[PDB]
Amino acid sequence: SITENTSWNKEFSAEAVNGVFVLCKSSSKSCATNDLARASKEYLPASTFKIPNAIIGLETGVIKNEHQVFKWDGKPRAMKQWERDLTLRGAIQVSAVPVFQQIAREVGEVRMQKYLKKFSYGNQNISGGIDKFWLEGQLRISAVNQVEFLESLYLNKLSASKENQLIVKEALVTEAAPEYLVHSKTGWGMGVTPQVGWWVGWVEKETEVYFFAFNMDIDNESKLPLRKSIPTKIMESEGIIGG
Amino acid sequence: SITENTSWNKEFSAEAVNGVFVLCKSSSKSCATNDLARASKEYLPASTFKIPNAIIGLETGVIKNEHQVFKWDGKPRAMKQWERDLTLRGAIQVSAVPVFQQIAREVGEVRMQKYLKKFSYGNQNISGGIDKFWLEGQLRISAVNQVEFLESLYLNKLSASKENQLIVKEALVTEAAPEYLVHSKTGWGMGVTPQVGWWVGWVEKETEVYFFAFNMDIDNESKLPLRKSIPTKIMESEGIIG
Ligand SMILES: *C(=O)[C@@H]([C@@H]1N=C(C(=O)O)[C@@H](S[C@@H]2CN[C@H](C(=O)N(C)C)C2)[C@@H]1C)[C@@H](C)O
Ligand SMILES: *C(=O)[C@@H]([C@@H]1N=C(C(=O)O)[C@@H](S[C@@H]2CN[C@H](C(=O)N(C)C)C2)[C@@H]1C)[C@@H](C)O
């Protein structure tokens, strides 16, 4: 149920990219990858962890509803993009880590641990501090596991209410056309070596659905756009993205 | 306390059309329009009815859940874009009336009437045949009432499950950026005279929300793009777009 698509490393060679793409039609029982070994290798989730963190935040009541506004207290934040009040969708889409760090502290270790067990989320290792484990701690997850987790979310089959799964799904829409709809989330983990870049999500086109996860080593910061463009080119070539 | 902004009319006269835009910031208690009278006048909803129809289809269980596929039976349809299997978002986004006429049939008049009452939807008149009333029947709704209805949907305050309100909201997304999200639906009602063009929806911009509803008299298909361009120009003047 996972096959190595040699037809794909051609897209990684031009930019000298060490990375993996996993692409599954309908279910995680029909996947292909450019690299079987790397597909199952676990990497720091970085900002992709905002997807389970948001679901857990809602399930525990730490996050009130999709209308909650996370107010900026005026204190300097690492990125200018974070120095403003944010909705839940805004916090996710601009990757506002201080909002999610506060959410993780309020969830707490015991509940965080349990929910990552219920979600089968990577190595389920939350060592390194309740507000740091997905940034520079021990949590690790593979591209295959990402696509299993997102398929569950799409189907409302995670161990969470359908309502809370639906709230997080709308928060992840990144491209909307009358032809197709994309839900997705990037990551850049600078707290590990090599640094890791992610783009994960799913595409609904016509009456089909494709789940994907991409990660790569980030050799330098100017390579960051490849985390979306390489998988985008692959999916465009297969007809998955595009009208 | 809806306010009249007469300067907005320049956008209609620039394009030789008659119509109304209603725009509200935060809630339906802070609204402005170019034409106070027309803002409250009721017009056939046409394809904008797919919003309540979708919600009612899910509430009644006619639509199983968000992943329902509406299979095309091979019989010819009025638009080639409807001759295919469609998801709920697909059917809404291409305005596939045959899908919604089958939903309305299965819902039935008694349940359709009950929900339009709960939703305070226009004159709630579903005379005209169960699969025709919003296309050539007696149903009529104003721009103000569309904004009130969509405000209730945004807030999950319609008389339907939160889940089903969320499902239809995702089906209505038409533009997405990290801090800017648009949910919207067009309409063209040619089963009435004059014909009516609509665009209704709401914009979530940073932490603010703006609800809107636009309609205009349509001679024919050629003026349909104005349903988006006139609202876009007014909302730009209000600082919402850029
Ligand atoms: C997540 O993995 C980490 C964050 N992801 C980043 C990235 O993808 O560049 C940055 S935050 C960045 C601020 N400008 C961007 C934006 O506003 N949009 C793309 C909408 C995102 C950061 C390193 C971290 C939070 O773990
Ligand atoms: C609804 O008001 C009516 C429909 N609205 C139409 C319109 O706005 O032109 C047409 S269907 C139209 C065909 N192409 C459009 C589209 O976005 N795609 C093909 C992607 C949809 C129709 C008269 C009616 C169904 O009530």
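Just so it is clear: chains get the letters A, B, ... in the order the sequence lines come, proteins before strands, and each one is counted from 1. In listed order, ligands and their atoms are each counted from 1. Note that these values count all heavy atoms, side chains included, but never hydrogens, waters or copies made by symmetry.
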Binding partner of ligand 1 (most contacts, the PDB entry): Beta-lactamase
Ligand 1: drug name: meropenem (bound form)
Other chains with a heavy atom under 4.0 Å from meropenem (bound form, ligand 1): A, B
Contact partition for A:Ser95 relative to meropenem (bound form, ligand 1), non-hydrogen atoms under 4.0 Å: both
Nitrogen or oxygen atoms of A:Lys50 and meropenem (bound form, ligand 1) under 3.5 Å apart: no
A:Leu224 neighbourhood, listing meropenem (bound form, ligand 1) atoms whose heavy-atom distance to it stays under 4.0 Å: 9 (O)
Contact partition for A:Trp198 relative to meropenem (bound form, ligand 1), non-hydrogen atoms under 4.0 Å: neither
Deposit source organism: chain A: Escherichia coli
Nitrogen or oxygen of A:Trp82 less than 3.5 angstrom from that of meropenem (bound form, ligand 1): no
Covalent linkage of meropenem (bound form, ligand 1): residue, atom: A:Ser47 OG
Distance filter under 4.0 Å to A:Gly187 heavy atoms, resulting meropenem (bound form, ligand 1) atoms: 2 (O)
Other-chain residues near meropenem (bound form, ligand 1) (heavy atom, 4.0 Å): A:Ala46, A:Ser47, A:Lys50, A:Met79, A:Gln81, A:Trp82, A:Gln93, A:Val94, A:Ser95, A:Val97, A:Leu135, A:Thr186, A:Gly187, A:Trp188, A:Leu224, A:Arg227, B:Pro178
